[PDB]
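This file shows Protein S100-B complexed with pentamidine.
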There are 2 protein chains.
Amino acid sequence: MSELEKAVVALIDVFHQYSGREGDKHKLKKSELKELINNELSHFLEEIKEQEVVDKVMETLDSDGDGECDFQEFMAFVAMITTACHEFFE
Amino acid sequence: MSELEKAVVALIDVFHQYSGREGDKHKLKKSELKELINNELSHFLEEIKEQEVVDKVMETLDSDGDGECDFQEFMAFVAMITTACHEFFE
Ligand SMILES: N=C(N)c1ccc(OCCCCCOc2ccc(C(=N)N)cc2)cc1
Ligand SMILES: N=C(N)c1ccc(OCCCCCOc2ccc(C(=N)N)cc2)cc1
Ligand SMILES: N=C(N)c1ccc(OCCCCCOc2ccc(C(=N)N)cc2)cc1
Ligand SMILES: N=C(N)c1ccc(OCCCCCOc2ccc(C(=N)N)cc2)cc1
Ligand SMILES: [Ca+2]
Ligand SMILES: [Ca+2]
Ligand SMILES: [Ca+2]
Ligand SMILES: [Ca+2]
């Protein structure tokens, strides 16, 4: 597999390392999303320590109002992160 | 860096391995997009041999009508691919 192809599976891998931990196995609730960010995006994103900060990140990502981040909402999150990296973090 | 963090840079790396080859250094024209697909997505996508097929893929990706695929349009492409992989390719 190519680097692109490996990167694609890595995106799917990380979603499920976190999504299956609690409740709905196919969505990241706030507590799972916090965990993912703090453990998998520690170099790209400031550590989330306040519940308020998890809420605001989840409000941004949650396009269907169920209070959770599903896979396509996660893909939009990845697009935000990648775009920011691409821009050398503003 | 985490696997997620490495995957993010890999997405940026591959865009530029192909985007800088011809013309506008920050966009993939059809010929660059064909090259990327055939060389970097050979396990996920059928090889493109016909110009018609490049055109139709580019028509799908090109949201601002400039006939080229920029970075955010590339990110949507990646979202399509990842979603398809996630779905075990329908
Ligand atoms: N030895 C290690 N484990 C290690 C140390 C640093 C590292 O770094 C990778 C480069 C990331 C570049 C970080 O760039 C920014 C700038 C601003 C913001 C912001 N506040 N929005 C966020 C990120 C990777 C691994
Ligand atoms: N194999 C490679 N090419 C490559 C591999 C690792 C790397 O490590 C970057 C550490 C993260 C810091 C921010 O990463 C970027 C990278 C590229 C762009 C860009 N060209 N837009 C913008 C931001 C950089 C390039
Ligand atoms: N030894 C090698 N170099 C190698 C061989 C196979 C491989 O495979 C990875 C798994 C990809 C699974 C492929 O699954 C589909 C199913 C349907 C379509 C479709 N027609 N849309 C596209 C892809 C990777 C490396
Ligand atoms: N470290 C890992 N976990 C892992 C690493 C590599 C891998 O190789 C898959 C080859 C590509 C074939 C299609 O890949 C997928 C993978 C996961 C899902 C899913 N769970 N939705 C859907 C499709 C699978 C899992
Ligand atoms: Ca869950
Ligand atoms: Ca949602
Ligand atoms: Ca170009
Ligand atoms: Ca365009």
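Numbers restart at 1 for each chain; the letters A, B, ... are given by sequence-line order, proteins then strands. Just so you know, ligand 1 is whichever comes first in the structure, and atom 1 is the first atom listed for that ligand. Side-chain atoms are counted along with the backbone in the values below, which use heavy atoms only and exclude waters and symmetry mates.
- Including duplicates, the parts belonging to pentamidine are ligands 1, 2, 3 and 4.
- The heavy-atom neighbours of pentamidine (ligand 2) at a 4.0 Å cut-off, by chain: A, B.
- For atom 13 (C) of pentamidine (ligand 2), a protein non-hydrogen atom is found at a distance below 4.0 Å.
- In terms of protein heavy-atom proximity, atom 9 (C) of pentamidine (ligand 2) is closest to B/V9 CG1, 4.5 Å.
- Checking distances below 4.0 Å from pentamidine (ligand 2) gives these other ligands and ions: ligand 1 (pentamidine).
- The entry attributes the source of chain A to Bos taurus.
- In terms of protein heavy-atom proximity, atom 24 (C) of pentamidine (ligand 2) is closest to B/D13 OD1, 4.5 Å.
- Of all protein heavy atoms, the one closest to atom 21 (N) of pentamidine (ligand 2) is A/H86 CD2, 3.1 Å.
- For atom 2 (C) of pentamidine (ligand 2), a protein non-hydrogen atom is found at a distance below 4.0 Å.
- The heavy-atom binding site of pentamidine (ligand 2) at 4.0 Å consists of A/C85, A/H86, A/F88, B/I12, B/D13, B/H16.
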